[PDB]
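Drug bound: ampicillin (open form). Macromolecule: Metallo-beta-lactamase type 2.
Position 1 is the first residue of the sequence, and the numbers go up from there. Going by what the header records, the deposited coordinates were determined by X-ray crystallography, 1.1 Å. Counting starts at 1 for both ligands and their atoms, following the listed order. Any value given below was found using the heavy atoms of this structure, including those in side chains, with hydrogens, waters and symmetry copies removed.
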Amino acid sequence: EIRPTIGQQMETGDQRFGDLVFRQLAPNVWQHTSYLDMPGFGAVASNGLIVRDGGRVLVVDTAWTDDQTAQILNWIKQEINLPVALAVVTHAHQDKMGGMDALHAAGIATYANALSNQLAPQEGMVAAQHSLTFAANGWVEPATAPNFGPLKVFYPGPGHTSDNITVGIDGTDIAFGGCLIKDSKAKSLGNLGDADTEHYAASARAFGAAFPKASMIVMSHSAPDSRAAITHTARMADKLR
Ligand SMILES: CC1(C)S[C@H]([C@H](NC(=O)[C@H](N)c2ccccc2)C(=O)O)N[C@H]1C(=O)O
Ligand SMILES: [Zn+2]
Ligand SMILES: [Zn+2]
């Protein structure tokens with residue numbers, strides 16, 4: 001059993017598949033978890049989502065690596081056996097975009113914030129093949145997110161990074177904060193090296209206001225939590241100003 005140094009542990013309702021862990025969150029939503037083995041430190045878990053939308057599947061975030069991301073695709077093939085229409089990746093760091101080449105090799109259409117695509121080559125990442133753009137209030141421009149089904153993409157403002165985006169799952173009470181949101185018991189906001197410490201608090205609160213009726217908040221490095229993940233993250237971020 002993988003026991004990560006950073007990230008949630010395995011509990012009841014988790015399926016180990018190869019090097020990854022999968023957890024069903026709703027009838028049509030699963031969390032994927034992959035692990036970066038840091039020598040002398042141990043495993044760092046990172047989470048994304050898999051959403052079934054009728055006869056097709058949608059993915060939020062890659063795993064840390066191409067091979068792990070190919071394992072996500074293998075899990076989808078075994079457990080769902082429907083084609084992946086597209087993936088949305090939530091900023092230009094390894095935990096979220098490290099596996100782009102596996103998605104591209106599989107022929108899956110990839111989407112990211114235009115700014116993530118512009119930053120990708122500066123972050124040792126491969127850009128997504130399509131760029132999302134956003135309104136002044138953070139909502140994605142719908143012409144840039146064709147046929148996204150239940151994925152409702154929201155740019156909350158700079159926080160964990162300047163490019164971080166978030167995703168609500170319409171038809172459910174789930175919203176995904178990626179690395180912007182930390183859980184209600186977290187002591188740290190994680191890596192602030194690329195963060196906007198001035199705007200972080202407002203960006204965390206904007207995510208909450210964008211999906212005001214989401215009761216299950218999914219994030220990169222903890223198990224799904226209540227809305228207290230949002231409010232606690234914002235309270236920690238208030239201390240940065
Ligand atoms: C879990 C992290 C502290 S590391 C991860 C990310 N870092 C990477 O993906 C790096 N490539 C990395 C380098 C060394 C060890 C682990 C990750 C970041 O900088 O936001 N997201 C951070 C976070 O979400 O706070
Ligand atoms: Zn990051
Ligand atoms: Zn992260």
Could you help me spot every copy of ampicillin (open form) here?
ligand 1
Could you pull out the residues near ampicillin (open form, ligand 1) at 4.0 Å? Heavy atoms only, by chain and number.
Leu36, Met38, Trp64, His93, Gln94, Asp95, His160, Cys179, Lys182, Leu189, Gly190, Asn191, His221
Heavy atoms of the protein only: does one fall short of 4.0 Å from atom 14 (C) of ampicillin (open form, ligand 1)?
no
Atoms of ampicillin (open form, ligand 1) close to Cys179 [distance to a heavy atom under 4.0 angstrom, numbered from 1]
24 (O)
Tell me the organism the entry assigns to chain A.
Klebsiella pneumoniae
Zn(2+) binders in chain A (UniProt) with heavy atoms under 4.0 Å from ampicillin (open form, ligand 1):
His93, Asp95, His160, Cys179, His221
Please identify which atoms of ampicillin (open form, ligand 1) are closer than 4.0 Å to at least one heavy atom of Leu36.
16 (C), 17 (C)
Which UniProt substrate-site residues in chain A are within 4.0 Å of ampicillin (open form, ligand 1) on a heavy-atom basis?
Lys182, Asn191
Can you see any other ligand or ion closer than 4.0 Å to ampicillin (open form, ligand 1)?
ligand 2 (zinc ion), ligand 3 (zinc ion)
Does any N or O atom in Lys182 lie less than 3.5 angstrom from one in ampicillin (open form, ligand 1), N or O only?
yes
May I ask you to list the atoms of ampicillin (open form, ligand 1) that are less than 4.0 angstrom from any heavy atom of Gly190?
25 (O)
Atom 19 (O) of ampicillin (open form, ligand 1) - nearest protein heavy atom and its distance
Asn191 ND2, 3.1 Å
Which atoms of ampicillin (open form, ligand 1) sit under 4.0 Å from any heavy atom of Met38?
15 (C), 16 (C)
Identify the closest protein heavy atom to atom 1 (C) of ampicillin (open form, ligand 1): which residue and atom is it, and at what distance?
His221 NE2, 3.3 Å
Verify atom 21 (N) of ampicillin (open form, ligand 1): protein non-hydrogen atom under 4.0 angstrom away
yes
If you have a sec, work out which protein heavy atom is nearest atom 8 (C) of ampicillin (open form, ligand 1) and how many Å separate them, to one decimal?
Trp64 CZ3, 4.1 Å
Quiz question for you: does at least one protein heavy atom lie closer than 4.0 Å to atom 4 (S) of ampicillin (open form, ligand 1)?
no
Has ampicillin (open form, ligand 1) got any nitrogen or oxygen that is less than 3.5 angstrom from a nitrogen or oxygen of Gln94?
yes
